[PDB]
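Snapshot of quizartinib at Receptor-type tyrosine-protein kinase FLT3.
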Amino acid sequence: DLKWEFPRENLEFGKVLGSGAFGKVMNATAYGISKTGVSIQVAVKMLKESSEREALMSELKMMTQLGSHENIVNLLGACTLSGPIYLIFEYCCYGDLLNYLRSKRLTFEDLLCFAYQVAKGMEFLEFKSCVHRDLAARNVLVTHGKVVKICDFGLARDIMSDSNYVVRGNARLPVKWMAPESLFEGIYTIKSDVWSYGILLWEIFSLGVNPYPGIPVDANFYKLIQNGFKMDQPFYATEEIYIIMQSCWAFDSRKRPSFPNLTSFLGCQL
Ligand SMILES: CC(C)(C)c1cc(NC(=O)Nc2ccc(-c3cn4c(n3)sc3cc(OCCN5CCOCC5)ccc34)cc2)no1
């Protein structure tokens with residue numbers, strides 16, 4: 001974090017766009033930011049009113065080195081001096097993809113376009129050797145165009161409140177989005193996020209349905225995944241797309257396809 005420091009006085013807060021237990025994300029008007037253009041809309045990541053502060057700091061350290069990508073929420077600046085730590089991001093108008101799709105409850109191409117950009121964005125993370133711990137529809141944002149951006153509501157989401165996060169250790173985790181090796185062996189590779197992508201792929205073509213509908217997370221649930229159980233075809237998906245999901249749902253971690261291949265898989269469908 002060398003040149004990313006932005007004046008806190010040139011920042012004008014607005015309404016809160018989602019608050020966690022210890023942190024919040026708000027809308028803001030930034031003066032003198034891009035071309036020093038008329039003040040634009042930005043997303044500011046912050047903490048609500050100590051040990052947790054360091055968690056946000058490393059998140060900022062990650063952004064500056066990861067570089068800017070079209071399908072990843074871009075870092076525009078930061079405020080680390082004289083006050084609470086601020087993280088200025090690119091503002092997304094339509095919010096998360098999860099709430100955006102149930103709101104729809106737009107063509108089939110747009111569903112493919114979303115998945116393509118997500119897989120293309122994930123490729124950029126694999127190239128940088130980075131593993132997304134919570135890849136889902138609730139962690140991807142949509143902007144003014146047909147483009148989607150990958151993000152992480154760490155400290156931004158009250159994981160205690162969301163039903164998706166179940167207690168299986170000393171912290172909640174998205175069970176229905178995790179790979180088998182992560183479930184019982186706690187192994188997290190980039191091919192584990194491929195599994196998460198498959199689950200993500202489902203809720204995209206199932207329009208924001210919770211995965212494994214009707215069936216809750218219990219002692220029985222873990223046994224199905226261990227038995228190689230996979231989900232049925234979503235309603236708005238075609239046959240070719242479903243084969244990608246079950247490929248991402250291969251029990252053997254090696255068998256799952258690389259995100260590079262996924263970029264090429266969905267791309268050919270234009
Ligand atoms: C993923 C990666 C790179 C590994 C990573 C992420 C990370 N850490 C993060 O990415 N943190 C993070 C958290 C939130 C945002 C964020 C949220 N929102 C925006 N950016 S824009 C926006 C707009 C919203 O809607 C407001 C009103 N709605 C508008 C549209 O209509 C309905 C209402 C709601 C939330 C929201 C960005 C980054 N650290 O590493």
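Sequential numbering from 1 along the given sequence is applied to the chain's residues. Values below: all heavy atoms of this structure, side chains included; hydrogens, waters and symmetry mates excluded. Heads up, header says this was done by X-ray crystallography, 3.2 Å. Counting starts at 1 for both ligands and their atoms, in listed order.
The residues lying within 4.0 Å of quizartinib, counted on heavy atoms, are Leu17, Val25, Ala43, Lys45, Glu59, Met62, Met63, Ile72, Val73, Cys92, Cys93, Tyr94, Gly95, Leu125, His132, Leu141, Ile150, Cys151, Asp152, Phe153. The region of chain A touching quizartinib is mostly the UniProt domain Protein kinase.
Between quizartinib and the UniProt ATP-binding residues of chain A, heavy-atom distances under 4.0 Å are seen for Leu17, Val25, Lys45. Per UniProt, the active-site residue of chain A closest to quizartinib (non-hydrogen atoms, rounded to 1 Å) is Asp134, 8 Å.
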